[PDB]
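Entry below: contains darunavir.
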Number of protein chains: 2
Amino acid sequence: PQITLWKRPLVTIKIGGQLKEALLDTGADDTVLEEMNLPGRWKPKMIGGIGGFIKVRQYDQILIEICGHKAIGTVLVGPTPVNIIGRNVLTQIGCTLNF
Amino acid sequence: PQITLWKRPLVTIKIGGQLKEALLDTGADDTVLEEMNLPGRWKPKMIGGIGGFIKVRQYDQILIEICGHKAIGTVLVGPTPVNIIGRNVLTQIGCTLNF
Ligand SMILES: CC(C)CN(C[C@@H](O)[C@H](Cc1ccccc1)NC(=O)O[C@H]1CO[C@H]2OCC[C@H]21)S(=O)(=O)c1ccc(N)cc1
């Protein structure tokens, strides 16, 4: 669909059999989710944001569905203020910016 | 135009009579620009994200031109690692997400 930006672009996503609300974030290279129980092996990693760096759990080849669009990519799990959907996932669902 | 998400959506902006590269960021409520000596009054503010918070200076009713699209609104100035164009400006230039 076309999504205007007068509100936060929040969407219901499905990961690990759970539904969650996430923010479509064209300023994030990577997708970062709040603390959660995800099945599958993971590797430690660090990501930095506007305020510094945090510790995350990196899950590769994770199934994600966004508004009926399926993705399979890396998901970082850690103390992010918000579930954010980064470009690694947004490209898989064919998301573009237009003005 | 249409901008894909394979790479960071960097564009040229014009503010305070200066040209700069900024990130079109649907995940940002407000525009936040690298440290620059803007004139006029301002109010302190703190914005938070991954890594915590940074303190910024909020100027209101600032003219920004994004690839020819004119906008006027709030602009936050502070030690951000990247120039960020937020929804407050993305709405004024008619930007949308599409997938
Ligand atoms: C986390 C979001 C809810 C909000 N952020 C915008 C977001 O797009 C930042 C914007 C951003 C981009 C680069 C550097 C710092 C901040 N990107 C980000 O944190 O992505 C991280 C995950 O993937 C990596 O890619 C970039 C950083 C990593 S934010 O920078 O902290 C922010 C908060 C408030 C305002 N008014 C403006 C921006």
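Going down the sequence lines, the chains are called A, B, C, and so on. What you see of chain A is 1-99, where the numbers are those given in the PDB entry. We number chain B the same way the PDB entry does; the residues here are 1-99, in that order. As the structure lists them, so they are numbered: ligands from 1, and atoms in each ligand from 1.
In this structure, the main binding partner of darunavir (ligand 1), as named in the PDB entry, is NL4-3 protease. Lab note: other chains with heavy atoms under 4.0 Å from darunavir (ligand 1) -> A, B. For darunavir (ligand 1), the residues with any heavy atom closer than 4.0 Å are A:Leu23, A:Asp25, A:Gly27, A:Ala28, A:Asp29, A:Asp30, A:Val32, A:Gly48, A:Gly49, A:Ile50, B:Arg8, B:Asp25, B:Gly27, B:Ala28, B:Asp30, B:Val32, B:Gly48, B:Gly49, B:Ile50, B:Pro81, B:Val82, B:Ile84.
For atom 35 (C) of darunavir (ligand 1), the nearest non-hydrogen atom of the protein is B:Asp30 O, 3.7 Å.
When each atom of darunavir (ligand 1) is checked for a heavy atom of A:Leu23 under 4.0 Å away, the hits are 3 (C). Taking atom 5 (N) of darunavir (ligand 1) as the reference point, the nearest protein heavy-atom neighbour is B:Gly27 O, 4.2 Å.
Residue contact check: B:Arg8 has heavy atoms under 4.0 Å from atoms 26 (C) of darunavir (ligand 1). Of all protein heavy atoms, the one lying nearest to atom 25 (O) of darunavir (ligand 1) is A:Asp29 N, 2.8 Å. Residue-to-ligand polar distances place A:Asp25 within reach of darunavir (ligand 1): an N/O pair is separated by less than 3.5 Å. Looking at atom 38 (C) of darunavir (ligand 1), its nearest protein heavy atom turns out to be B:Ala28 CB, 3.5 Å.
Remark: minimum distance from atom 21 (C) of darunavir (ligand 1) to any protein heavy atom is reached at A:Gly48 O, 4.0 Å. Looking at atom 16 (C) of darunavir (ligand 1), its nearest protein heavy atom turns out to be A:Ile50 N, 3.9 Å.
Taking distance alone, with nitrogen or oxygen atoms compared against 3.5 Å, B:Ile47 stays at or beyond that limit from darunavir (ligand 1).
Atom 13 (C) of darunavir (ligand 1) has B:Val82 CG2, 3.9 Å as its closest protein atom, hydrogens excluded (heavy atom only). Every atom of darunavir (ligand 1) with a heavy atom of B:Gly49 under 4.0 Å away is listed here by number and element: 31 (O).
In the vicinity of B:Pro81, heavy-atom distances shorter than 4.0 Å reach the darunavir (ligand 1) atoms 14 (C), 15 (C).
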Would you tabulate the polar-atom pairs, meaning N/O of darunavir (ligand 1) against N/O of the protein, with distances under 3.5 Å, reported to 0.1 Å?
| residue | atom | partner | partner atom | Å |
| --- | --- | --- | --- | --- |
| darunavir (ligand 1) | 8 (O) | A:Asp25 | OD1 | 2.5 |
| darunavir (ligand 1) | 8 (O) | A:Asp25 | OD2 | 3.2 |
| darunavir (ligand 1) | 8 (O) | B:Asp25 | OD1 | 2.9 |
| darunavir (ligand 1) | 8 (O) | B:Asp25 | OD2 | 2.6 |
| darunavir (ligand 1) | 17 (N) | A:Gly27 | O | 3.0 |
| darunavir (ligand 1) | 23 (O) | A:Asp29 | N | 3.2 |
| darunavir (ligand 1) | 23 (O) | A:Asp30 | N | 2.9 |
| darunavir (ligand 1) | 23 (O) | A:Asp30 | O | 3.4 |
| darunavir (ligand 1) | 25 (O) | A:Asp29 | N | 2.8 |
| darunavir (ligand 1) | 36 (N) | B:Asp30 | N | 3.2 |
| darunavir (ligand 1) | 36 (N) | B:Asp30 | O | 3.2 |

